[PDB]
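Drug present: BBO-8520 (bound form).
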Amino acid sequence: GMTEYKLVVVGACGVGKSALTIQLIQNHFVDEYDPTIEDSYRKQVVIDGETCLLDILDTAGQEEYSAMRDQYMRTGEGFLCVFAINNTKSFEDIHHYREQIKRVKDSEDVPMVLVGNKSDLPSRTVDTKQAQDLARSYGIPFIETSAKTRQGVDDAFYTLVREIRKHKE
Ligand SMILES: *CCC(=O)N1C[C@H](C)N(c2nc(OC[C@@]34CCCN3C[C@H](F)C4)nc3c(F)c(-c4ccc(F)c5sc(N)c(C#N)c45)c(C(F)(F)F)cc23)C[C@H]1C
Ligand SMILES: Nc1nc2c(ncn2[C@@H]2O[C@H](COP(=O)(O)OP(=O)(O)O)[C@@H](O)[C@H]2O)c(=O)[nH]1
Ligand SMILES: [Mg+2]
């Protein structure tokens, strides 16, 4: 029947994982959202003329490496790797998130998009060119977003869907 895309949103505390997912799926911006609340979000969408189902895990809570957690992340088809453009530590953590994706999927060829969120803010601390260079070194797209204004948000998620489609060929 209808194709379902299983996406996983990862990244450090406070980068906007929840805000991005709730904006895309529930059409509003949360000014704050408890960092322990983890949910799968679902919506039917049309992407490049294809009607499909998005099933998006907004990861939260604690870092942990039980076999069950590994296996749950293994079911993800594509990963949105989010940092905030005013949080250098969140950008420095991206390497770690990519390595865990590669470990559980046992592949360097996993659909992934690098997302620099909070683009609406002044006084960024992560240079866009440094982020582009990191994405270039991984061979993945890089997209700047604002969960607050929704600039780039749908583009970022739809780009990940397009990468999953491509990987299926
Ligand atoms: C504020 C709470 C929050 O939103 N968090 C995001 C997720 C839930 N957390 C998380 N944290 C880390 O690393 C945190 C940190 C800082 C302390 C030391 N440690 C290492 C680095 F320094 C950064 N890492 C996470 C993950 F790697 C993953 C994850 C991603 C892909 C993957 F295939 C697997 S398999 C598996 N098990 C895990 C785990 N854990 C991953 C995840 C995810 F939810 F599973 F996707 C979360 C990670 C806690 C805080 C930051
Ligand atoms: N200005 C601005 N604030 C944001 C944006 N995305 C998230 N936030 C805020 O940043 C804080 C952390 O966001 P949250 O989604 O909880 O981050 P998470 O821990 O990664 O899930 C919250 O106060 C959000 O309202 C954004 O794009 N712009
Ligand atoms: Mg959250």
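Positions are given from 1 along the sequence. In listed order, ligands and their atoms are each counted from 1. According to its header, the structure was obtained by X-ray crystallography, 1.7 Å.
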By ligand number or chain letter, where is each copy of BBO-8520 (bound form)? ligand 1
Report, using the naming of the PDB entry, the chain with the greatest number of heavy-atom pairs under 4.5 Å to BBO-8520 (bound form, ligand 1). GTPase KRas
Show which residues surround BBO-8520 (bound form, ligand 1) within 4.0 Å on heavy-atom distance. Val10, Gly11, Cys13, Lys17, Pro35, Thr59, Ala60, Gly61, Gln62, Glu63, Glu64, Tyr65, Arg69, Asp70, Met73, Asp93, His96, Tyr97, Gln100, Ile101, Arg103, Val104
BBO-8520 (bound form, ligand 1): covalent attachment (residue, atom): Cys13 SG
Element-labelled atoms of BBO-8520 (bound form, ligand 1) that are located less than 4.0 Å from some non-hydrogen atom of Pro35: 1 (C), 2 (C)
Against heavy atoms of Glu64, which atoms of BBO-8520 (bound form, ligand 1) measure under 4.0 Å? 36 (C), 37 (N), 39 (C), 40 (N)
Under 4.0 Å to a heavy atom of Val10 - the qualifying atoms of BBO-8520 (bound form, ligand 1), by number: 46 (F)
Suppose I only count heavy atoms of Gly11 and a 4.0 Å limit; which atoms of BBO-8520 (bound form, ligand 1) are within that range? 6 (C)
Which of the atoms in BBO-8520 (bound form, ligand 1), numbered in the order shown and given with their element, are less than 4.0 Å from a heavy-atom of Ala60? 8 (C)
Are any of the N or O atoms of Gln62 closer than 3.5 Å to those of BBO-8520 (bound form, ligand 1)? no
Flag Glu63 as yes when one of its N or O atoms lies below 3.5 Å from any N or O atom of BBO-8520 (bound form, ligand 1), and as no otherwise. yes
Just which atoms of BBO-8520 (bound form, ligand 1) are under 4.0 Å from any heavy atom in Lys17? 3 (C), 4 (O), 6 (C)
Check whether any N or O atom of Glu38, backbone or side chain, sits under 3.5 Å from an N or O atom of BBO-8520 (bound form, ligand 1), and answer yes or no. no
